[PDB]
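Here is a PDB entry that includes crenezumab.
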Amino acid sequence: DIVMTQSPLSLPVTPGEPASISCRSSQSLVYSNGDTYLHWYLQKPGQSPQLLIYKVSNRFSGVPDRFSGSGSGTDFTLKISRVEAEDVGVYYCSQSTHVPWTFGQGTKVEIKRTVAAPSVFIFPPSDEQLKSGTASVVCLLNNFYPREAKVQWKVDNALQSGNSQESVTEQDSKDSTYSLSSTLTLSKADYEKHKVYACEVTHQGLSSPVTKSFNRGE
Amino acid sequence: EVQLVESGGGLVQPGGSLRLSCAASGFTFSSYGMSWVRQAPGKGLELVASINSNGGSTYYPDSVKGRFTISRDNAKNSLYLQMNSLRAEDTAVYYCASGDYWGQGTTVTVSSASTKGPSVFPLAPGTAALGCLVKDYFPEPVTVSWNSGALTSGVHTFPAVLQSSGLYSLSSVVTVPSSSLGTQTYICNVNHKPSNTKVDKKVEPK
Amino acid sequence: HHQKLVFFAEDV
C-alpha cells in the first residue's frame, strides 16, 4: 500500500499567521496519463470530511483563496496563507493513483494561544452513589492550554494505576482552552478502607504539580 | 447535487450481522469507483472496502477481509456493505464515499449491552465548580443542560467514556461565582432518549 | 454543488 505521512500531525496556529503541512508518499503518485492524484481533505469538528484540493493544486468548490496546494512526485505541501477561525479541524492528504485508496494520519489544526494553567477541582463520591455500592472520584482540570497534561491518583499516598479514565473537551471557541476530567472508580469496600484521596496535576502553566485532595468523611 | 445517504447502522450483537446501504444521486453512479470508509472517535480515516465502476474488482484490508462484503447496484445507484461476524473493533462511524464526496456517515456499535437509563449523581461544589456524574447508561447519546437551558456559560459536558461494564459514563461541569452558592439553584437536566429517561438532579453543597 | 470528478485513477 502507498504510505502517506504528514508533518506536523498537530498544528497550533496563532490567528493571522499562515500554516504549512507536509505530505510524502512512499511512491510516485504520477499516473499513466501524466496526472497526479494527490488530494487534500478538511474535516471540521463534528462533520464529514470534505474535499479541499484535488490533483495537487486545484481548489474544489467553495474553497477560499487562502488555501493552496503544490508539490510533485512524492513530496507535497498544503498552505493556508492566513488561518481563519473557520479553518479549524483535521487535514488529510490522500492518494487515489494506486489501489488501495490511502490517507495520511491527519493534522489537527487548532488555535494557538498563551499558556494557561488549569484550575483543578476534586469531587468525592456522592452519598447516593456510595449507597448503591460504587464509588467514583472525579478530578476536573478547567480551562488550560496547551492540551498536554498529566493526572495522577493517590489513595493514602499510594500511586494508582489502571482504575481511572480521562475525557477531554474540544478547544473552546471563545477562550481557546481545553478542559479535562479524570474519573477514579473503586468498589465501595475498597473506598472505605482508605482515607486520603488526592488528584495530582502536572501542566506547562504550573511551576510545580498541584494537588487537590479530600479525606473520606468531611 | 451529488448526494450520498447511508442507512442500516445501529446496534449489533458481537458475531452478528449488519448491512449498510448508501443511496447515491446527482451523478452517473455507474461510471465511478466507490468506497466505504470508517472512523473511530478521535481516530484517522480507515478504508474498509473499495469497488470499481462495474464491480468488477473489490479490495478489503485484512482488518475486515473475509467478514465484510462490498457490493454495488448500478440500477438503484446504491452502495452496500455486508458486515458479518462483527467484533468490538468494528465500532465506528461508516462513510459512503466517492473520493470527491462524503456522506454524513452512519454509526455502528458492536455491543451485547441492553438499553439502560443513567443514574445521576451530584458533583458537589473566586469561582466554584459543581456538576453531575451521569453514569451507567446505554447506549449513546445523552443530553445534558443546566437550569432548563438558562445556564450555558462556563458549562463543560465531557465526551462519553465506555466503561469495562459496557456502560457509558460522562460528567457535566460548570463554574459559577462562589457568592451564588446560596442565592442560586443549580440543577442538571439529563435526558436519555433510548430509555426515555428525564432526570433533574439538584446539585447542593455539603 | 454539481461538479463530479474522475477521482480514482482506475476510472481512466
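In the text below, chain A, chain B and the rest are named by the order of the sequence lines, each starting its count at 1.
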| What are the identifiers of all copies of crenezumab in this structure? | chains A and B
| query | What name does UniProt give to the macromolecule most in contact with crenezumab (chains A and B)? | reply | Amyloid-beta protein 40
| field | Residue numbers of chain C in epitope of crenezumab (chains A and B), heavy atoms under 4.5 Å | value | C:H1, C:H2, C:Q3, C:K4, C:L5, C:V6, C:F7, C:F8, C:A9, C:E10, C:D11, C:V12
| message | I'm mapping the interface - could you tell me which residues of crenezumab (chains A and B) get within 4.5 Å of chain C, heavy atoms only? | response | A:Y31, A:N33, A:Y37, A:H39, A:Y41, A:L51, A:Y54, A:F60, A:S61, A:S96, A:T97, A:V99, A:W101, B:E1, B:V2, B:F27, B:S31, B:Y32, B:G33, B:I51, B:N52, B:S53, B:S98, B:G99, B:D100, B:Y101
| Source of chain C according to the entry | Homo sapiens
Could you list every donor-acceptor pair linking chain C to chain B (crenezumab) (distance under 3.5 Å, backbone and side chains)?
| from | atom 1 | to | atom 2 | distance (Å) |
| --- | --- | --- | --- | --- |
| C:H2 | ND1 | B:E1 | N | 3.0 |
| C:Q3 | O | B:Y101 | OH | 2.6 |
| C:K4 | NZ | B:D100 | OD1 | 3.4 |
| C:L5 | N | B:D100 | OD2 | 3.1 |
| C:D11 | OD1 | B:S53 | OG | 3.1 |
| C:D11 | OD2 | B:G33 | N | 3.1 |

